[PDB]
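Here is how names work: the chains are called A, B, and so on, in the same order as the sequence lines, proteins then strands, and each is numbered from 1. Whatever order the structure lists ligands and atoms in, that order sets their numbers, starting from 1. Per the header of the entry, the method used was X-ray crystallography, 2.8 Å.
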Amino acid sequence: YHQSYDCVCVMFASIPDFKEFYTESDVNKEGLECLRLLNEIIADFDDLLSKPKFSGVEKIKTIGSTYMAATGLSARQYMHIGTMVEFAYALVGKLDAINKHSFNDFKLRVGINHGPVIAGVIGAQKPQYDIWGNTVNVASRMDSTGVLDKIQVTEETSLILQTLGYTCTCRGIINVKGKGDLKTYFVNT
Amino acid sequence: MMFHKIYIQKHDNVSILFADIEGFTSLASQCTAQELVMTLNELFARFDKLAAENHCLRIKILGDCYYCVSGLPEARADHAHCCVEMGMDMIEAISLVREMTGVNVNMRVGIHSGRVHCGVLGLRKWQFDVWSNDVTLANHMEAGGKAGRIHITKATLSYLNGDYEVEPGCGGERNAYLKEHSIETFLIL
Amino acid sequence: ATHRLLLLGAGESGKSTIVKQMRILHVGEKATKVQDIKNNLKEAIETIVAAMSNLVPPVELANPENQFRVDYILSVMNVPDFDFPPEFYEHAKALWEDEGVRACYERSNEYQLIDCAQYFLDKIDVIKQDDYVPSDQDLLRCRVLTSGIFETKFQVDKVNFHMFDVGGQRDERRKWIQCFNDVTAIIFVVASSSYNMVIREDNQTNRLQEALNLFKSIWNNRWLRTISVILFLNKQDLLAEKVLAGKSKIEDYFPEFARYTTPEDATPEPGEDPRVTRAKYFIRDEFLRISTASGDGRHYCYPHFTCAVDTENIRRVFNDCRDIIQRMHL
Ligand SMILES: Nc1nc2c(ncn2[C@@H]2O[C@H](COP(=O)(O)OP(=O)(O)OP(O)(O)=S)[C@@H](O)[C@H]2O)c(=O)[nH]1
Ligand SMILES: C=C[C@@]1(C)CC(=O)[C@]2(O)[C@@]3(C)[C@@H](O)CCC(C)(C)[C@@H]3[C@H](O)[C@H](OC(C)=O)[C@@]2(C)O1
Ligand SMILES: Nc1ncnc2c1ncn2[C@@H]1CC[C@H](COP(=O)(O)OP(=O)(O)OP(=O)(O)O)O1
Ligand SMILES: [Cl-]
Ligand SMILES: [Mg+2]
Ligand SMILES: [Mg+2]
Ligand SMILES: [Mn+2]
């Protein structure tokens, strides 16, 4: 069964440079060794979900090398949105740790949005929980049109963040594929 | 062992099919979250059924992107044909859902054949997936496809054994990845 | 029984040289290396000549005649396909005989100069010949930057070895990871004589210090906790030559050296000058001092004094490595 929600915060965290790191040779076992590192990265991100401060974070899935998660699925009515931003900071710490031991410099590119979504399972194959909506689409666009080491949020999401004590800097108006001109902001770290 | 146990296995001689909705972000901006989900579930449930009938293993659904592979788990020399037949049934199903729903749904289909790595990554929320340059190519074949048609590569055509009539794909002129990689594409009739 | 050895270390430490010695030891092409040897030669003379006017204080030519040859070298410095006319070798040789050029060469630690500089310039008359055939030692000295991962396989008494060579420079290190999983043992190479020099990457970080930080990064790495490290303290010949010369004092770069005495269990080579003994062991201890701090038995560090360009020394130390792998059941 599908259930509607009014205020769910979605987040897409990408690693744009991974695709370039990935190569297939006889030395790296046809790219297996590269995937071995991706597995270590996802694992360190997945381990943050066990921290008491992140108990309200639900990992939906992982698209390629992008991490997708949401808060507010178990419903200062807005604190969960602020929590999502706290989780995006923690991923950076984890990726910085990986970089330290793998002699790389991978950087995360985040996009966060909030609004109504539909949650449940779809299709006829396997019971895989997921969330749909225009809110989820825009969250993803905030990632794909984002900047390395930045968290790009939408206008209303930015307003909510400010009430919570967050500084935001206007990125300007950008033409988002399918939505048109949208004013967006960068969260200040 | 200092590296997490990786649950990944390599597989040669397999086919990969990608399908994606045209203008899904534009569509989700018009109808209620319910409609989008009902329409999307009506479509993917059928695909999932068509997948089993064609010996195709559905991988995962990324919003509007649907994909599956043939030759997995167990080897099958009939692989290329399965994905081609899968595309055939898929394109037809999209038309029925377009009629009884009224929603403007159109999908591009892409196919490529080669080796893949498959299994799962991380610790939490496992989901079967595939990774390899060949899989990456299949993804671009979809992007470089045409609304309501099956876009295939020469690699895939060589496994078809000449059972389908194709025509020049010209994918190079529709997608930058296909050109830079010198890929010869075709379009099944 | 097969063993997978990985070669790690900073750029120019001697990793590729070690691999070459493996072929000369345990394993038609010489005609292609000639071009590389000539490039090293060209690169060597032009670098010394270009540094003359940029040093503080600048180095002056002993013969004003050679100023024209300097002008010559600098004009062809960036020529893509150089054809090496007999003129080049004449001018190059004349410059190498100029005392000014020599004095600048002595201060080569103040700029970036390839290791084979002196070796090749002393045999210009040999390389210039059109019937020139590179000796074993010539191929060992030839320097060519490694970028990517290369695999070499060889047998020793019916025992298999898979040796992996990688780039040591900063941008290349990101590839090492692809060889961490199931590595029998790691061979960490260090250019022991590079204490008075700085890395190419930024022109500021001390070469030996970079080696130390890099070793600490490998020894303490999260994916190499149970992997033992065979430490090759390479460039022993250049180290001794430098220590004896007395121009560059180790204590000017590594202050701690002033309070270092030779350990009791030291095994000096026959006729080895105490100063050389003291220096080579000090360097060894800077690396051991890191390996001692952590590990706790789940892996060890095996030091070796080494000179990669000496097939004699390498046959000996590699045999010592063969024993370590087998008696520890790696
Ligand atoms: N005199 C002397 N020269 C040495 C010794 N070991 C290596 N060399 C020389 O130093 C140079 C650099 O060594 P090389 O093997 O190319 O470094 P590398 O560690 O492979 O370097 P890279 O690929 O990371 S950039 C070569 O010209 C080599 O002949 C040594 O013990 N003594
Ligand atoms: C992990 C690396 C690599 C190269 C492996 C691979 O084939 C991919 O995972 C596919 C193509 C592949 O897994 C199929 C799903 C999807 C989502 C289409 C992937 C992404 O495009 C990945 O890139 C991104 C941008 O995450 C990509 C390309 O990443
Ligand atoms: N549950 C989800 N999982 C993964 N990705 C999702 C999910 N929901 C939405 N998406 C994403 C973010 C937006 C994207 C769909 O838009 P897409 O980028 O495919 O373009 P589009 O359909 O607007 O146009 P087109 O496909 O024609 O280029 O899919
Ligand atoms: Cl070094
Ligand atoms: Mg899509
Ligand atoms: Mg090298
Ligand atoms: Mn789409």
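- The molecule at ligand 2 is the drug named forskolin.
- The name UniProt gives to the main binding partner of forskolin in this structure is Adenylate cyclase type 5.
- Other chains in heavy-atom range of forskolin (under 4.0 Å): A, B.
- Binding site of forskolin at 4.0 Å, heavy atoms: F18(A), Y22(A), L38(A), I63(A), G64(A), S65(A), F18(B), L62(B), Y67(B), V130(B), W131(B), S132(B), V135(B), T136(B), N139(B).
- The deposit lists the name of chain A as adenylate cyclase, type II.
- Counted by heavy atoms under 4.0 Å from forskolin, the UniProt Mg(2+)-binding residues of chain B that qualify: none.
- Most residues contacting forskolin in chain B map to the UniProt domain Guanylate cyclase 1.
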